[PDB]
Peer 1: 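Starting off with a structure, shown below.
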Amino acid sequence: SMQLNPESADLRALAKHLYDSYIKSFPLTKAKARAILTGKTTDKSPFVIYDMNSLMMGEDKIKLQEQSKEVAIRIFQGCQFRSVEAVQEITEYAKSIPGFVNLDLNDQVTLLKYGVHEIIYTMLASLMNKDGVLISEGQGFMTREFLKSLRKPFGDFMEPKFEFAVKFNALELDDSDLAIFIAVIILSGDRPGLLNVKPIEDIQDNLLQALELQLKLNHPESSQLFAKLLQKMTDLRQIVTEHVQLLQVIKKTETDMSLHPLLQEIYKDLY
Ligand SMILES: CN(CCOc1ccc(C[C@@H]2SC(=O)NC2=O)cc1)c1ccccn1
């Protein structure tokens, strides 16, 4: 039913704008990650962390009393620091979404508070294959089974993210698709405590039309892909819920556990 009209031309311009700002905001794109993971890159191989020995060499190779801490806690704290960096990137990307910076600044903050973890887990899939995940902007690669070997209660925190990634990656989205997918998530009008829902819904409705057109153009091999991505949005909310519960369980049994204060603020009323 697709047409070349002014409306479709505007949706393509919006897709391109979003792609261009995504490239500016996120230094390690899915294209560059896939090239590293396949070896197809001309870059030096990342340092592979597959066991305790290679974890410690990695800490020398990859460029106070935190180092004192046990391996599992140094890794968990590394993931938290990654997430704080990602929040900065996603914030800069959100400001590029047309209409976002004209929303009420409280609503901008609310959308980022409730959206950032869904986007973090989306983009973490770009850096994953069935064996492991890229770390330190592609300088390292940490194996799935090494992460599973960490002592309880830290042996299971990456497993749901890998499970998500294997299925998400089978959809073969590229960075032009992901730019629009992430924008749609950020512009969710059902986040708690939003002042002005209708202007958020208006922006999301337009992004959703831009996403459906992008997917029909870019993926002739599937007519199901738009529907499947709507389901992945709901799946991501359950991944974040499942992570919040895991942090509850970690905290009871590991009460010495330092959570980054920025993440403590984001997690406050996050369910
Ligand atoms: C496994 N990797 C890749 C990043 O993997 C991540 C896993 C989980 C998160 C979410 C964090 S962890 C938490 O409790 N809250 C958060 O926001 C963010 C990144 C490592 C491992 C060590 C050092 C750096 N990278």
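Here, residue 1 is the first one in the sequence, and each next residue gets the next number. Every heavy atom of this structure was used, including side-chain atoms; hydrogens, water molecules and symmetry mates were not. First listed ligand is number 1; within each ligand, the first listed atom is number 1.
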Peer 1: What's the drug at ligand 1?
Peer 2: rosiglitazone
Peer 1: For rosiglitazone, which chain gives the most heavy-atom pairs within 4.5 Å, and what name does UniProt use for it?
Peer 2: Peroxisome proliferator-activated receptor gamma
Peer 1: Okay, heavy atoms under 4.0 Å: who's in the binding site of rosiglitazone?
Peer 2: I75, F76, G78, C79, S83, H117, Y121, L124, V133, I135, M142, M158, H243, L247, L263, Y267
Peer 1: What UniProt domain of chain A accounts for most of the contacts with rosiglitazone?
Peer 2: NR LBD
Peer 1: I'd love to know which residues UniProt tags as binding rosiglitazone in chain A are close to rosiglitazone, meaning a heavy atom under 4.0 Å.
Peer 2: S83, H117, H243, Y267
Peer 1: Can you check whether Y121 has an N/O within less than 3.5 Å of an N/O in rosiglitazone?
Peer 2: no
Peer 1: What residue and atom, counting heavy atoms only, is the protein's closest point to atom 13 (C) of rosiglitazone, and at what distance?
Peer 2: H243 NE2, 3.1 Å
Peer 1: Need the rosiglitazone atom indices (1-based, order shown) with element for anything under 4.0 Å from a heavy-atom of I135.
Peer 2: 2 (N), 3 (C), 20 (C), 25 (N)
Peer 1: Would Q80 count as being in polar contact with rosiglitazone, using the rule that some N or O on each side must be under 3.5 angstrom apart?
Peer 2: no
Peer 1: Can you give me a line-by-line list of nitrogen or oxygen pairs between rosiglitazone and the protein shorter than 3.5 Å?
Peer 2:
unit_1, atom_1, unit_2, atom_2, d
rosiglitazone, 14 (O), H243, NE2, 2.8
rosiglitazone, 15 (N), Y267, OH, 2.7
rosiglitazone, 17 (O), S83, OG, 2.8
rosiglitazone, 17 (O), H117, NE2, 2.7

